[PDB]
K.L.:
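What follows is a single structure, and I will ask about it in a moment.
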Amino acid sequence: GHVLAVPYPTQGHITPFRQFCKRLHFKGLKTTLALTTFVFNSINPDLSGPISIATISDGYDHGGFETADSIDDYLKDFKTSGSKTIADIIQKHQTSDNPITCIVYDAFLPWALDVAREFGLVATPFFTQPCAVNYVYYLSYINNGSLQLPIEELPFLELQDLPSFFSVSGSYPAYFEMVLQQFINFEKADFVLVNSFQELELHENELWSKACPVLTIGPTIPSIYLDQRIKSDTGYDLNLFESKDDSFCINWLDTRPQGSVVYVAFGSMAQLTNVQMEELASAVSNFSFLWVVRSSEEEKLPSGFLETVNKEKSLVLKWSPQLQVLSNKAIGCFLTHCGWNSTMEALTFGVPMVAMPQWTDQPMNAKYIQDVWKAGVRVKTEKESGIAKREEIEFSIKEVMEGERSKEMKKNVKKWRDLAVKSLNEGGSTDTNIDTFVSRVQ
Ligand SMILES: O=c1ccn([C@@H]2O[C@H](COP(=O)(O)OP(=O)(O)O)[C@@H](O)[C@H]2O)c(=O)[nH]1
Ligand SMILES: *[C@@H]1O[C@H](CO)[C@@H](O)[C@H](O)[C@H]1O
Ligand SMILES: O=C(O)c1ccccc1O
């Protein structure tokens, strides 16, 4: 058995795809990971497991996404160039020790099924977003692109709870058509994989599994932090942002008392405005903080803000070893844009969050953080503008550090570590679902 693994070319999709492959290798399955050449020349390959990489093309080997004329051009070029480049990996390996038997492609790339079917291969999409989010999208697809509020099977959800495509009308029309066209052919899939575990959205997994065979194979957080069954899986080893020489960071955090630091980070792709950046900077400077401002975003922090940094309470970085930060006892709360990987990381580490979602599926994750998992609070935004003002930010941070919702939320969230380990340990639902997939593949 041999699996070709095709992530969407961003950090948030690549690392679950890699981590999943480490589990496949642990279970005796050969995997080749298909990176775009733009990405492959942007990686800095320090590994934490055996890795086999094949290169494919999205049609932007030189400049990547930012050189495309439009988002919708990128997707269609990606389909054309990606279909050819993926086919060639399959062809080339046919006469080899292990010809490929299964394509595990990102759900954002449904055309990979066509390629998988043309070579008689097993095909399974891989959803990097939670069951709740995708079931919402699925219900729109079997509709014709909009949704019945309230959702009869999940009626506690409102307009501000939905993905940004619904509440910001007309925004990202091409990206909106992508998340819906995840379902154009998923019927024909041999299985459907989602980077979640059953006990985290037990309800919403059921709803979605009525329509399609869903196999939860998360969480994709490295084995060392949970189940420890995979000795080599110590961290995230395919990173698009250079690694700071990260022990400066983790040494600084063992300097500070337990639960004293506020961690701030917005993922790999989210861009705030100048206005957004000073409201944050003021609210956060009321605290001992660790803030990740990526390099493309230093522009928009206040004039001379990085000088005014109190070096005895707080620190600003271009990027961070987020896994090790969230495992560090000096963190008190995590101010997060609610990217799915970041949310599952904070839940697994028992770090309560201040949710400050920005777009696509982050509003849903923020609702579940506050009202389903009761593991954090959503910051309030002025409705004219969608911007969180410095005092609404500071209010929310204090509610998770000092309020006494704060020690209730503190204990509600520590439930999840042990649930996640149980699913990754022998006989867990995730460990069982991975075995069903491995069974099919050979
Ligand atoms: O400074 C940082 C910020 C983020 N991350 C990692 O980058 C991923 C971010 O993906 P996520 O799903 O949170 O959001 P997206 O980045 O896709 O918008 C997560 O695994 C984080 O652990 C990191 O390692 N250092
Ligand atoms: C879409 O817009 C969000 C905020 O609205 C920004 O974070 C992204 O960079 C952009 O693609
Ligand atoms: O990379 C992501 O996380 C993503 C998620 C939803 C829609 C578009 C995207 O690029």
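Count residues from 1 along the sequence. For ligands, and for the atoms within them, numbers begin at 1 and follow the listed sequence. When reading the values below, keep in mind they use all heavy atoms of this one structure, side chains included, and skip hydrogens, waters and symmetry mates.
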K.L.:
Which macromolecule in this structure makes the most heavy-atom contacts with ligand 3, going by the name UniProt uses?
P.N.:
UDP-glycosyltransferase 74F2
K.L.:
Specify the drug or drug candidate modeled at ligand 3.
P.N.:
salicylic acid
K.L.:
Quick check, please: with a 4.0 Å heavy-atom cut-off, which UniProt UDP-alpha-D-glucose-binding residues in chain A are near salicylic acid (ligand 3)?
P.N.:
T360
K.L.:
At a non-hydrogen distance cut-off of under 4.0 Å, which region of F108 contacts salicylic acid (ligand 3) (side chain, backbone, both, or neither)?
P.N.:
side chain
K.L.:
Taking both backbone and side-chain atoms of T10, is any N or O found less than 3.5 Å from an N or O belonging to salicylic acid (ligand 3)?
P.N.:
yes
K.L.:
Quick one: nearest non-hydrogen protein atom to atom 2 (C) of salicylic acid (ligand 3), plus distance?
P.N.:
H13 NE2, 3.5 Å
K.L.:
Find all atoms of salicylic acid (ligand 3) within a distance of less than 4.0 Å from any non-hydrogen atom belonging to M178, and give their numbers and elements.
P.N.:
7 (C), 8 (C)
K.L.:
Looking at salicylic acid (ligand 3), are there other ligands or ions closer than 4.0 Å?
P.N.:
ligand 1 (uridine-5'-diphosphate)
K.L.:
Is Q129 close enough to touch salicylic acid (ligand 3)? Criterion: a residue heavy atom under 4.0 Å from a ligand atom.
P.N.:
yes
K.L.:
For salicylic acid (ligand 3), which atoms have a heavy atom of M269 less than 4.0 angstrom away?
P.N.:
1 (O), 10 (O)
K.L.:
Just wondering, which residues come within 4.0 Å of salicylic acid (ligand 3) on a heavy-atom basis?
P.N.:
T10, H13, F108, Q129, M178, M269, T360
